[PDB]
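One structure is given here, and the rest of the page talks about it.
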There are 2 protein chains.
Amino acid sequence: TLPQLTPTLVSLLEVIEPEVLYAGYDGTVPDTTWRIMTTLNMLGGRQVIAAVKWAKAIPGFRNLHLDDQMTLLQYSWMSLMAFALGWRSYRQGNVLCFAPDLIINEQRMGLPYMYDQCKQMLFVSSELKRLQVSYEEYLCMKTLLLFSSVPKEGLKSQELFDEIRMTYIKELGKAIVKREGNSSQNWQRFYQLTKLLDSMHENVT
Amino acid sequence: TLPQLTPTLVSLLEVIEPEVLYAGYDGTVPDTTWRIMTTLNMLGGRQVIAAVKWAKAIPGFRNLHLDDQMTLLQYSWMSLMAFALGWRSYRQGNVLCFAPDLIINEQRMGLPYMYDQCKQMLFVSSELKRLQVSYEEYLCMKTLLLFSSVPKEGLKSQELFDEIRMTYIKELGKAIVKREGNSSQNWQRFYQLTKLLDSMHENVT
Ligand SMILES: CC#C[C@]1(O)CC[C@H]2[C@@H]3CCC4=CC(=O)CCC4=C3[C@@H](c3ccc(N(C)C)cc3)C[C@@]21C
Ligand SMILES: CC#C[C@]1(O)CC[C@H]2[C@@H]3CCC4=CC(=O)CCC4=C3[C@@H](c3ccc(N(C)C)cc3)C[C@@]21C
Ligand SMILES: [Cl-]
Ligand SMILES: [Cl-]
Ligand SMILES: [Cl-]
Ligand SMILES: [Cl-]
């Protein structure tokens with residue numbers, strides 16, 4: 001059984017949450033769309049590396065065939081980064097919190113080419129604010145984003161994948177129960193959190 | 001009078017067309033969304049620098065107040081790169097020809113996250129193909145895109161800007177006349193090409 005320091009699967013996902021990355025943005029000097037995009041691209045390059053590090057620490061992940069591990073990251077990596085982005089944003093508004101030293105507030109949103117590049121990602125934060133998602137709900141949902149990005153039958157370890165996925169769904173079930181207690185609305189909450197997860201995989205391919 | 005080598009203002013825009021930039025993309029090794037986006041961001045950084053050098057070579061541009069020069073590039077730089085992209089694509093099927101060594105054909109468009117990052121830019125090539133735009137119409141339109149990104153009333157050299165802009169509008173009229181000849185449909189083509197320019201400035205600010 002799980003040690004008392006980390007007695008639930010969700011508390012292991014809390015242990016592997018990476019430290020937030022800083023963008024390296026000046027902020028002493030004035031903003032330009034060019035400065036933001038150039039810094040943002042460097043930041044996204046490192047967040048991809050951090051997201052592969054995080055996925056490889058998820059309990060169960062390293063037990064999939066290495067082709068399955070690569071396939072899952074291939075089909076979910078940017079969706080995972082956008083989901084983390086929505087959460088950070090949510091926790092601070094109608095802002096995009098790319099990094100603590102790089103927040104796209106309403107003013108920066110009006111810099112040229114900035115809103116039209118950003119608009120889509122604002123969906124995520126508003127849905128998390130609309131559903132008042134908890135930290136534990138967020139950690140389960142994020143792991144499931146990684147595990148719901150490819151059909152079981154398009155993978156090599158179909159059976160093991162399916163079992164690990166079902167474990168993470170149940171852990172989400174328990175984050176729901178912990179937050180809002182047991183009720184008839186608990187299935188509704190489960191429907192609206194998993195539908196949210198279905199949106200994040202749209203427009204991947 | 002203009003020299004006989006370069007007897008028209010459009011033939012001066014021909015002279016300042018930069019040589020095409022190469023992405024530096026291998027293409028021996030297989031494609032991934034990560035490899036394309038990372039290489040594309042390198043290419044975009046250099047294309048911005050080549051777009052600033054091109055604008056500083058347009059007849060009239062260096063005669064504006066330096067604040068006016070900065071403002072015009074600030075409100076048009078990505079629209080210009082997208083417009084040049086549309087034209088390269090048009091000249092080369094519904095592909096996005098970022099560079100000769102980096103073309104997003106239908107296959108690469110299906111790579112994860114790729115179509116959704118690309119879809120908007122397909123508009124430009126479709127309109128240029130729909131209207132059968134000539135190289136000379138294109139060069140005039142591209143300069144006008146730079147000279148219509150800001151109202152003159154928010155500039156320091158209001159009168160000079162207006163005169164330079166009207167010169168390039170007349171140069172477009174003459175590119176229109178050169179191909180289609182004098183017709184009742186010359187004004188229709190002129191509306192079509194300038195409506196197209198109004199789109200390219202949408203979603204800037
Ligand atoms: C503003 C803007 C924009 C975008 O071009 C669209 C979605 C962005 C993505 C979301 C997800 C995301 C979350 C972040 O917190 C910062 C970065 C980030 C991005 C950006 C990005 C830039 C470059 C890469 N490379 C090097 C792999 C990865 C991500 C910028 C993206 C693509
Ligand atoms: C796929 C994709 C994508 C995008 O994120 C949306 C529009 C692209 C832009 C168009 C206009 C454009 C035209 C090209 O021919 C290649 C590059 C290019 C881009 C890309 C770009 C990336 C980084 C910068 N920086 C460093 C200044 C500039 C341009 C990628 C853009 C922004
Ligand atoms: Cl700017
Ligand atoms: Cl299996
Ligand atoms: Cl890929
Ligand atoms: Cl003046």
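Below, chain A is the first sequence line, B the second, and so on; all start at residue 1. Just so you know, these numbers use all the heavy atoms, side chains as well, and skip hydrogens, waters and symmetry mates. Method on record in the header is X-ray crystallography, 2.4 Å. Every number for a ligand or one of its atoms is a count from 1 in the order of the listing.
The PDB lists the drug found at ligand 1 under the name mifepristone.
In this structure the chain with most contacts to mifepristone (ligand 1) is the one the PDB entry names Glucocorticoid receptor. In this entry, the other chains with a heavy atom less than 4.0 Å from mifepristone (ligand 1) are A, B. Near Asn41(A), with a cut-off below 4.0 Å to any heavy atom, the atoms of mifepristone (ligand 1) are 22 (C), 23 (C), 26 (C). Lab note: per PDB, source of chain A = Heterocephalus glaber. Closer than 4.0 Å to atom 5 (O) of mifepristone (ligand 1) lies none of the heavy atoms of the protein. Less than 4.0 angstrom separates atom 31 (C) of mifepristone (ligand 1) from none of the non-hydrogen atoms of the protein. Looking at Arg88(A) next to mifepristone (ligand 1), an N or O pair under 3.5 Å apart turns up. Shortest contact from atom 19 (C) of mifepristone (ligand 1) to any protein heavy atom: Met81(A) CE, 4.5 Å. Close approach of mifepristone (ligand 1) to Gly45(A) is summarised as follows: ligand atoms under 4.0 Å from at least one heavy atom of the residue are 26 (C). Interface of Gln47(A) with mifepristone (ligand 1), defined as ligand atoms under 4.0 Å from a residue heavy atom, comprises 13 (C), 14 (C), 15 (O), 16 (C), 17 (C). Residue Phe98(A) has at least one heavy-atom neighbour below 4.0 Å for each of these atoms of mifepristone (ligand 1): 14 (C), 15 (O), 16 (C). Ranking the protein heavy atoms by distance from atom 1 (C) of mifepristone (ligand 1) puts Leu40(A) CD2, 3.5 Å first. Atom 21 (C) of mifepristone (ligand 1) has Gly44(A) CA, 4.1 Å as its closest protein atom, hydrogens excluded (heavy atom only). At the top of the distance list for atom 10 (C) of mifepristone (ligand 1), counting protein heavy atoms only, stands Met121(A) SD, 3.7 Å. Within 4.0 Å of atom 16 (C) of mifepristone (ligand 1), at least one protein heavy atom is present.
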